[PDB]
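Quick look: gabapentin on Branched-chain amino acid aminotransferase.
Residue numbering restarts at 1 for every chain, and letters A, B, ... go by the order of the sequence lines. Side chains are part of it too, since the values below use all heavy atoms of this structure and drop only hydrogens, waters and symmetry mates. Whatever order the structure lists ligands and atoms in, that order sets their numbers, starting from 1.
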Amino acid sequence: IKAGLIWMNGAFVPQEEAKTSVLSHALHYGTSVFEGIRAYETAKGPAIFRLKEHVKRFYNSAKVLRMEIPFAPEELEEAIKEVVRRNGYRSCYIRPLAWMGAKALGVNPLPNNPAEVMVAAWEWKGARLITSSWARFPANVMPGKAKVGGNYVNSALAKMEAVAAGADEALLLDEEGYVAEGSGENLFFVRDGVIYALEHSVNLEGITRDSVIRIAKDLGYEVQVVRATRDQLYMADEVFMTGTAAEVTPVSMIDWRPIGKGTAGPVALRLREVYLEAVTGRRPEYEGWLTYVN
Amino acid sequence: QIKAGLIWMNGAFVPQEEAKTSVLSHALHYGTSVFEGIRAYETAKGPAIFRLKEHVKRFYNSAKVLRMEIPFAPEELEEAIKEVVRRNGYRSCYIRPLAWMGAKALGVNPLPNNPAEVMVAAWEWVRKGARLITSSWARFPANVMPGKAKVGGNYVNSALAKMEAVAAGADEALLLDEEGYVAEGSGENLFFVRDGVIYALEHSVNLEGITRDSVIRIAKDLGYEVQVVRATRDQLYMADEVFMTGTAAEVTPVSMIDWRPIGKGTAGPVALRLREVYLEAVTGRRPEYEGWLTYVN
Amino acid sequence: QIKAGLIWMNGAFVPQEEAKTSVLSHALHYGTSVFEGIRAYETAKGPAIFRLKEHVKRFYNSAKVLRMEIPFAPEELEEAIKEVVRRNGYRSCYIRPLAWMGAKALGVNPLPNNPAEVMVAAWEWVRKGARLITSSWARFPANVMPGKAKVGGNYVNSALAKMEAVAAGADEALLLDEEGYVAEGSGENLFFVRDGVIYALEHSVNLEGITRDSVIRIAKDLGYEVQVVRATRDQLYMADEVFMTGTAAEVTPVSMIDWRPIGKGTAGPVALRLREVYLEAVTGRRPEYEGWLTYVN
Amino acid sequence: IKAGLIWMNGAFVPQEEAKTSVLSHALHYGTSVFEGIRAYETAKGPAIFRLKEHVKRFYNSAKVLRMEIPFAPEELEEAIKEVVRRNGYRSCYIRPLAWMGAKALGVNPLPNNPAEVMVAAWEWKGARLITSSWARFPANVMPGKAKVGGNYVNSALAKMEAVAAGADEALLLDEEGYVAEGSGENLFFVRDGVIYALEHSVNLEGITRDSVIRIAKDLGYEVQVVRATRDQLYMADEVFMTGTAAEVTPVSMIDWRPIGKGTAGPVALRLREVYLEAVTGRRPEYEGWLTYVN
Amino acid sequence: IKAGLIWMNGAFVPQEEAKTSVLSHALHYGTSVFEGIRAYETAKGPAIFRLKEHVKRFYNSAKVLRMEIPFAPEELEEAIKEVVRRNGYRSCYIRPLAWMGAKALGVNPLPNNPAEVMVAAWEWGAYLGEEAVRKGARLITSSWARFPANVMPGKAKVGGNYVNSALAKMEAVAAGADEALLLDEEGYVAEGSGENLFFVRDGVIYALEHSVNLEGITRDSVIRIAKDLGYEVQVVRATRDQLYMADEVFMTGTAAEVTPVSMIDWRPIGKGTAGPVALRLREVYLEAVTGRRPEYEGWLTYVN
Amino acid sequence: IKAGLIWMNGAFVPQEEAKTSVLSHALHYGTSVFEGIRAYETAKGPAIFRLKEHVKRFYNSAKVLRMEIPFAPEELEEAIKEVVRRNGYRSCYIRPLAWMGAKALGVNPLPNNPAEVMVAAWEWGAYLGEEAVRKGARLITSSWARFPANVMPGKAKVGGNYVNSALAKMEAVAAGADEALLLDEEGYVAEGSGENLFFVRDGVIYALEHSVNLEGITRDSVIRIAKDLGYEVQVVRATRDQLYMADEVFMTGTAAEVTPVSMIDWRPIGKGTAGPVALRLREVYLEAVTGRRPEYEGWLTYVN
Ligand SMILES: *Cc1c(COP(=O)(O)O)cnc(C)c1O
Ligand SMILES: *Cc1c(COP(=O)(O)O)cnc(C)c1O
Ligand SMILES: *Cc1c(COP(=O)(O)O)cnc(C)c1O
Ligand SMILES: *Cc1c(COP(=O)(O)O)cnc(C)c1O
Ligand SMILES: *Cc1c(COP(=O)(O)O)cnc(C)c1O
Ligand SMILES: *Cc1c(COP(=O)(O)O)cnc(C)c1O
Ligand SMILES: NCC1(CC(=O)O)CCCCC1
Ligand SMILES: NCC1(CC(=O)O)CCCCC1
Ligand SMILES: NCC1(CC(=O)O)CCCCC1
Ligand SMILES: NCC1(CC(=O)O)CCCCC1
Ligand SMILES: NCC1(CC(=O)O)CCCCC1
Ligand SMILES: NCC1(CC(=O)O)CCCCC1
């Protein structure tokens, strides 16, 4: 990974120096939290998309683990802006990470507080999905509203499964059999002119999902939030997923069954395009979501 | 901090201070690591590692679950484990082998990161009984997290349950499965005794404990009838005895659950006998169980 | 027997006696068929089929779930459906389109049997309210059977619930989902009314009824507030009204569930108004709903 | 399908004449029951394997549907023997089927009794499995102890999924996440010399499974019955499945993870071979399971 | 409990006579239904909050158990007004109860119909001050799940149901918390041992769906009040961690009124104390029940 | 119910005095525990079946609710023997009961400790004849599931639990059946509204696993008896259709003894009448409880 200078607990250092004890609690028990934040190039230079909203979730994830982050939100935000500038990035993916150190290896993480923190970044047909044989964890098994390290063993298993089956991404159902979300994407589907966003259920409350719903509504679409089954998606006119890295990705096939016309549909493509216009500063109406680094 | 000393890092030992890895390591972000807990006990004939092969086999089995490739043959890992005891001059210690996905990429898919990085570290190492509290967090279903493997990510569930129990004033947490049945402790297999019979809980969503396996064999050799069953919280509440097993936990009696005393309210005779015979076995004082020991020197 | 008369068999009509298929047909052994329920009502301007396109669209959608190929374009099927009414001289009738996997092979995998065989048949076709009993059979979870499609196999579940209710002295069965919440009748979507508000049950594991959709539109046009929610059996027990919808069932008031009277214990005013407006709509007596009708002659 | 003469409600008729109304209840609602019975060639001619046991289950399946079979067990057995003789079969698969006719199309099948019956027959590396995203129905959703037509929509979905993913067969989990069985095979796994048969849970009580357990025990193996998870199979020394058509089939890989050595193992191969010896009349000890037609 | 005169099947009697056979079906099998109604003192005398709505539920709960209440709703309402008057109470908690008697002890309660009915009322010993309200309630998620909708009738106030509430409450208290937060069997948030839950996030007030919870009248009242004040209210299903990161969390109930929640599972909610929204809702709610809100007088039944 | 003299917290009193406050916690929240014990007449006087085992469970049920029973097990056992003697009973049903009193009415029952205790006993009005036994009981699977192990304490005889049993029993009766068969939330067979289930298939006797059911003493007794007679007994989890195709099905309970099941959900079991195994087990069981089986005298406690 070409990260370059990484912010390590207060100070930037060369990538090669950004290391941590192999006895770190997080490395053994998945006790870490992270975020996914993107910077896009605009006519006025790099702009970070919904920075504060992402940082807030970062601290929220930490609270779920009762993990203590030894920095104020403002400092992390400044670190995030600086990881872009110092590395001379224009368009990049920023990865803040807080993890429990190597003070002790009992399964209880509290003794390891405060958490160590770092911020790294690196320059940045229709998706085919397969329904995973791995269900997304119930809300009382793993904290699904938080981006906690350990949670992604579940995403990792589903992703490898999908790829091995010849698809691009996995669609996970909850333990009851209802659609949940992709290994790392929130789901949407369109039917008879109406855009359906799936309820939060056990899924993460996506910021891209949020942005897409606002944009859809601003464009005049009717948007409903519902619980959905796989066959509701099979027969939808369109299906698409959202996420910081994934942006707005159309889904043209699920479980080898074509969605609608079998290729990216007009609604998803339009939302994606307007979303890209929003993140690149071409829409005054969404300027409030941007934080120009320069 | 942890006083581990020399740590085996992918083929060679290095000072603990040098045993570090990139913060961009896949496992540090996604919980994609596997580990083991192995113990060496002091015996009249030097340190002896308890059931080393079974532990290493499970280490590789856990890796297979994540489709993780361990770039070392089992024999090499076993040697590294014996050497971590020697080189550090340990007599009694907890050994922690760990394999994790490195920093080649950060997509959720771990495969592009193979082979895994590997390290082995180690550090020198009842009457009243333990007090448990049933967690408000259920152990993950068999199709949510691989409960038969010691996969790093799995322990977020254990961590949450453990903090909860300690916060409530208990020693350890007792987790139920999503259906409401007893599963296991945050990191211990459960047993209970009623009317002379020893009940080992079914594997269900729990890890197939090696200590559990040992205590069952021992119990049968002592002449106890052992049954494997599914259990509810109130079946434990009215048990004569309840105890936990684990490499670190060994055999620990449980005297109270959810503020309800178990039997007499103190460690029971059955759990104590099992514990005593187990400690005799791991310390080379039981000829019939010598096959379970691997002498370091 | 059934008096269907001329039946459309894969492209052409034949006497009912000739409308037969191999007993080695995949669908006869594995439930691999899909079907629809469509009605034609008599109007001052001749027979009219209610929402023909929506029904045909669902027919194809159901086929997609089984990855079944229907060797006919929607337009041809729609024509066959109009012709089944004409050729038999029906004025009011129930139309049953059916596509099933033939007899090319009997491995559980249906794909080798594509394309599907297709046929369309039809046969000529409240106050006290219906009595329901909650079934001891739960409607299948969304990852067990495709509850959004009218797949033949799905109805073993419906058949079991229906026989049970009738045996218990009730008219129809009310099924719950595996979690314990109300799902739907053996073949009817459920609604309930409380304090002036009409509650349509969420789709959950139920079929997305076309009659349900019609009654919701009608209800809103009449000025009623309509909410879509999840419901428990006792929320129905204390409702002012409860009613069922389906192509065959139309709009049927429910006066009792599990021997517990609903509201006054007879059909309620809201269900009756919805029913009345629906029958006016399907009989061409509502200009605003003409788009839902397809006149045969 | 080359079936030849088919027994149709009391009398044999040419295949082409073995037809039923497209208005048959079973064709619309999956209300039928069937069996899978095999005949193997022996030195003394064709021998049907565990005939009576299969017929008993046939009638048992019917009781679950409250379906009335208008023939006595003895008659069906005679029909089954005759479908082999008359067609001059040596080794074949026999398929008895009872289905609800076209008397009425209400979802309730009772009015359609008695059921129509027929009996047809036709001459007869390690399997790679993938875990299905379709769970086998709970015991209060579909009658899993009976071979009821409608049940197989669930098997059909799982099978197509597996094949489409590049595997040979699907492994289904129950709704709780535990291993259930294949789309149409009971599961077994071996670990440290012990043979583990999965409990019945929501699975069909396989006759091949039964035979295999008896054989295993007769051979001296220790056999236990347990509930199992997918990772218990992932780490087993061996895994295999049973069924009339499948016989004893070794499983060398599940979800792209090799089982043991990655090829058919010694235990499964041995059980399979002894099973074939039993069904072909080479084992006096199992002669009781055979019914010679000639 | 100092109840004084208690209405027993049609007539008032001293508490000492308000007793029933220890062979009563309900004492052995939880076959009873009850209500929790409050009378708040006003300058015009005691006013009972939403009496008919509570009485309708009392009868609705009885229908679930197929229990027959041998009195017209109007008789019960009169009894409820009189228990207040006859005891000279001002503010007080009213507890109507209908239970299966001692005719027989088979599990089937039908042979025991009609049910016996009683209405008792008593005064409060103490009230939480504003300081305590502001500190907020501390919750702990219970290891006991609220019963699925096909196990126990969650929309009815059936006695047997409260064994579940009792287990969770004792658990929470033993853990050092004030109240328990129960999840449903699926892992989602249900309600307190006896309180409906709400949470506020980014300006929006979220009321939890009914799922397996009781359809609280205080919950209903709070929603109406919130909307009348201009707040946006949404009804959703929620997880424990959605509450952990909410700006505010609060619970409702006749006895609990509107109670701010400052911490759940040792994780502070928002600022760690009661927030402005819950406190504002509590105030308006109290102004409503004490007859100081003209727009809500329709909810009050003055005893005098 | 004609109980006569009833033991009330340490002393016997006429039934008429055996009453408790209608403000008792258990009457409002199902917070009670009870037992079902029988005394069978013998030529040596009444003999109580497995008294200590029943008493141990009574106390075990109390521990689940964290209910304090202010009497030593020995005192209760004496009370149980005396209720029989003092009423001059021969064969009779004994019902011990401990319930939370009227100290306070918050859901938490702890403030109400210690619990009140009573022991009542009464005679049977009628018994099933062999003809009825042979016809067998007809069951119907309930639409109510037995509570999961983390919702209601299924191993304890807690009053509140029986709301679930009551709902299922009424349902079965209304449907025209004799008893209800409940499944667990997962869809598997649990037990009757108050009876443990067994089924026989191809010579083997299958006792159902404990899962969420009560660990029946009659169930335990039947298993011991079956094995002593040479039958092979296996313990398994079962589905409704495994019972549909069983050779025989029967249920056990103190009141139900050993009852043959001839039909479930309108589907006949085996021959459609009681089978030889269940009838044989019932006979030996009855010979045991009536003191005609020397090998089982250890299970009997003679009152005189
Ligand atoms: C990060 C993530 C998402 C996407 O959320 P965004 O805020 O839109 O980036 C979706 N699902 C999971 C499981 C995630 O971790
Ligand atoms: C390691 C572990 C155990 C104990 O297993 P042993 O082989 O006996 O050390 C039990 N449960 C969990 C979750 C574990 O990780
Ligand atoms: C056909 C059917 C309905 C009714 O749907 P309509 O489109 O209104 O005819 C409801 N439930 C099930 C299970 C059905 O098969
Ligand atoms: C027929 C069948 C089997 C195999 O049973 P055998 O009696 O061994 O042929 C296994 N599973 C299912 C679902 C089946 O239908
Ligand atoms: C009584 C009760 C409430 C509160 O409802 P209100 O009508 O507002 O008094 C909430 N939950 C439960 C379980 C209750 O019994
Ligand atoms: C009392 C009871 C039984 C019977 O148990 P026995 O000890 O044999 O009397 C069975 N099920 C339930 C739910 C019970 O309460
Ligand atoms: N698809 C990717 C993410 C989400 C996203 O930003 O689309 C989830 C897994 C971990 C990496 C991020
Ligand atoms: N209680 C501890 C362990 C198990 C054990 O060895 O008892 C599980 C959590 C991770 C550390 C090990
Ligand atoms: N009640 C009937 C239907 C639905 C309907 O049209 O109301 C479902 C079962 C199959 C026949 C149709
Ligand atoms: N694999 C096949 C069967 C089972 C068997 O005989 O192995 C199940 C699906 C329907 C055809 C039979
Ligand atoms: N916390 C109390 C109640 C609710 C209430 O009024 O807040 C529920 C249990 C039964 C008594 C009432
Ligand atoms: N059928 C009755 C009992 C069991 C029995 O003794 O059979 C359970 C409910 C409570 C009374 C006892």
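- All instances of gabapentin are found at ligands 7, 8, 9, 10, 11 and 12.
- Other chains in heavy-atom contact with gabapentin (ligand 11) below 4.0 Å, by letter: E, F.
- Defined by non-hydrogen atoms within 4.0 Å, the binding site of gabapentin (ligand 11) is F34(E), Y93(E), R95(E), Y162(E), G194(E), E195(E), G253(E), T254(E), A255(E), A256(E), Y29(F), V107(F).
- Distances between N or O atoms of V107(F) and those of gabapentin (ligand 11) include no value under 3.5 Å.
- Taking every heavy atom of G253(E) and a limit of under 4.0 angstrom, the matching atoms of gabapentin (ligand 11) come to 5 (C), 6 (O), 7 (O).
- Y93(E) OH, 3.9 Å is the protein heavy atom nearest to atom 12 (C) of gabapentin (ligand 11).
- Closest to atom 11 (C) of gabapentin (ligand 11), if we only count protein heavy atoms, is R95(E) NH2, 3.5 Å.
- Short contacts between gabapentin (ligand 11) and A256(E), defined as distances under 4.0 Å to a heavy atom of the residue, involve ligand atoms 7 (O).
- Here the protein heavy atom with the shortest distance to atom 4 (C) of gabapentin (ligand 11) is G194(E) O, 3.0 Å.
- If you number the atoms of gabapentin (ligand 11) from 1 as listed, the ones under 4.0 Å from a heavy atom of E195(E) come out as 1 (N).
- Near gabapentin (ligand 11) (under 4.0 Å), the structure shows the other ligands and ions ligand 5 (pyridoxal-5'-phosphate).
- Interface of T254(E) with gabapentin (ligand 11), defined as ligand atoms under 4.0 Å from a residue heavy atom, comprises 5 (C), 6 (O), 7 (O).
- The closest protein non-hydrogen atom to atom 5 (C) of gabapentin (ligand 11) is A255(E) N, 3.3 Å.
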